[PDB]
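If you read the sequence from its start, that first residue is 1, and numbering goes on from there. Just so it is clear, the values below take in all heavy atoms, side chains as well, and ignore hydrogens, waters and symmetry mates. First listed ligand is number 1; within each ligand, the first listed atom is number 1.
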Amino acid sequence: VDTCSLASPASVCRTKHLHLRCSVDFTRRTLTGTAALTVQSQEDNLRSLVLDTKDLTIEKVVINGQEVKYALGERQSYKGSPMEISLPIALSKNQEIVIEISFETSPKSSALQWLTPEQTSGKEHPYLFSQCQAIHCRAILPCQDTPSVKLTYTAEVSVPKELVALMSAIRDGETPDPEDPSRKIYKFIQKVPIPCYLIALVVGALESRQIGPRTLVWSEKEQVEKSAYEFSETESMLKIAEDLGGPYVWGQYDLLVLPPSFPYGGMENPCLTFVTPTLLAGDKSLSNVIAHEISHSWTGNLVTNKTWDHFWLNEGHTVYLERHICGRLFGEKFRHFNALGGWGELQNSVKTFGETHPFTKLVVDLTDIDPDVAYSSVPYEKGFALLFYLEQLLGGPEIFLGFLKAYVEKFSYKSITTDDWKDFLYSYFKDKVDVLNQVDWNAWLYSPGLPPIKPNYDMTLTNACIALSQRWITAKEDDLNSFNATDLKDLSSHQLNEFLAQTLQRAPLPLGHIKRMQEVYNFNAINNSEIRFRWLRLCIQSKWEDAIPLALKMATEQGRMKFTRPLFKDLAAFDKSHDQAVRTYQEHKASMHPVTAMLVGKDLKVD
Ligand SMILES: O=C(O)c1ccc(CN2C[C@@H]3C[C@H]2CN3Cc2ccc(Oc3ccc(-c4ncco4)cc3)cc2)cc1
Ligand SMILES: [Yb+3]
Ligand SMILES: [Yb+3]
Ligand SMILES: [Zn+2]
């Protein structure tokens, strides 16, 4: 039972394939077309079925060439409206039928962001992108919007001829639209069964550059050169991921660099990973996000969470694989550095929510909870901490990686729960069950707050970060003159970021210390988004008014939620910038991504 879906469950019927034929209308801000669902009955005498929809206009439903009866139920807030379809003939078990639904999206679809030419790099063409995870696919097309169902898909997308369409699938050609010569049709094929949250579409003035044997980078022309360099390690990361998880089954691994309002660091859309342009640091330092998206090609896209309550399965194992890829490229001391940094991010999330908050549990109950509201570092970091703890308990990384590959092999093309994972862990490590029974499973999986045990971490690379952060925190006015630009000479960008994260955990610091830090280190000149974000939070929480325009500019010139949400919250919490934060949100709201707009509104208590 998936409590986030209003559709018939997988025990009643299952969508085997989607054939999508649609047209993108930038003047109306609508996607119009037909979603033809091949559905297999799982029951005898099946006469109706229910699909998820959200702000969709339904024109008609056709089965066997004839229009059928359908009804839309009352809207259930963020879940949308259930659509019940009356089948013309009762189905026996395993019988399949094709249901062609003619629909139109709303301009306010929570899955989409429609951009004006002014909101793009080129300024001459509009742009469109989707983001279906977790339950936004129902805001694009009628479907069983649950990761417990996997389907293949084909698509034909009509767009203005000057633009390019891409999807989370293999490109299958382009032609002039026969029905309209001012338009082009782009075709797509996804032969690997996927959960519908993995369906994705982008339409814009896109260009491509090859960066590897199975990888193109796509973006507007202005970003192509910088993106090709930034993500040049992609093929090397794919090779390591294949060694760790088994064959890469998806064919292509392309990257799309979105406009700055893209709400996440990345999204693992199969064949076409979507990434934020905030990764463009100029030195490949934020490449762990690519390693993370690559890892999802096994943990999440092949082995999928059965419901959103088990999302930690997707995230925890992916962070685990991501840290092994970066460890293979940069060394074991680096894997430990990132792992320890992750524990710190977990401390921050637990502190923010509170140690008894149900969103700090590894397995959550999302029945009447919007998954976008529950989203945090918890399933990533508490999930990673559990696996890292298990690796240490069970004999080390080589042994635990054997389990990871067997786990991916066992559950490929399936959707699983925490109980399925735990059962297989016990089966694989049957000769180590005495060790496994020492784990406080109830606390790890079902209890809020920090985990009951903290793993062992090598401190080699972290030591210099802690030492410099402690020098600043313990410094008095008479010690400020001792700081100098030479303090940073032996720190990598990763270490500078960690120094800032350690210091931010003890914020606020006195205003004089923050002014001195700018005087000696010139942090205002750093473009790296992670470093700049932590530095600006530190300035605002330490009440430096000079940082107000910089923080406001960062919060609005990009829309990655990891940065935008805490920046607006810190600005609303500083009396000097409170009104500015609220007014800036109000002025930008109508041109923001719909999910980001909703969440920033909730954070600021602005309805
Ligand atoms: O750095 C970054 O900015 C960054 C950000 C994002 C990404 C990738 N994403 C794509 C997008 C966000 C994440 C997953 N997608 C959305 C989503 C998925 C599931 C969900 O439902 C939940 C279920 C359980 C729990 C839960 N809470 C505690 C335990 O379990 C929490 C949410 C809600 C939203 C990569 C990088
Ligand atoms: Yb083909
Ligand atoms: Yb002193
Ligand atoms: Zn992820």
Query raised in the report: Looking at contacts alone, what is the main macromolecule next to ligand 1, by its name in UniProt?
Result: Leukotriene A-4 hydrolase
Requested in this report: Specify the drug or drug candidate at ligand 1.
Outcome: acebilustat
Query raised in the report: So which heavy atom in the protein is nearest atom 23 (C) of acebilustat, and how far is it from that ligand atom?
Result: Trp308 O, 3.1 Å
**Report entry** Part of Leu362 within contact of acebilustat (heavy atoms, under 4.0 Å)
**Finding:** backbone
Query raised in the report: Which acebilustat atoms does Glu293 reach within 4.0 Å, using its non-hydrogen atoms?
Result: 35 (C)
Report task. Tell me the source organism the PDB entry gives for chain A. Result -> Homo sapiens
Query - Residues of chain A binding peptide per UniProt, non-hydrogen atom under 4.0 Å from acebilustat - result: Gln133, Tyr264, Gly265, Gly266, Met267, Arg560, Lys562
Query raised in the report: Which one of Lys361, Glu530, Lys562 has a non-hydrogen atom at the shortest distance from atom 28 (C) of acebilustat?
Result: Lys361
**Report entry** From the candidates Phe274, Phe353, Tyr264, the one that places a heavy atom nearest atom 12 (C) of acebilustat
**Finding:** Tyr264
Query raised in the report: Which UniProt active-site residue of chain A is nearest to acebilustat, and how far (heavy atoms, to 1 Å)?
Result: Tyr380, 3 Å
**Report entry** 4.0 Å heavy-atom contacts with acebilustat
**Finding:** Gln133, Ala134, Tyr264, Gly265, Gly266, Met267, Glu293, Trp308, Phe311, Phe359, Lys361, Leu362, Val364, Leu366, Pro371, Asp372, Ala374, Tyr375, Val378, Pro379, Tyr380, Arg560, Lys562
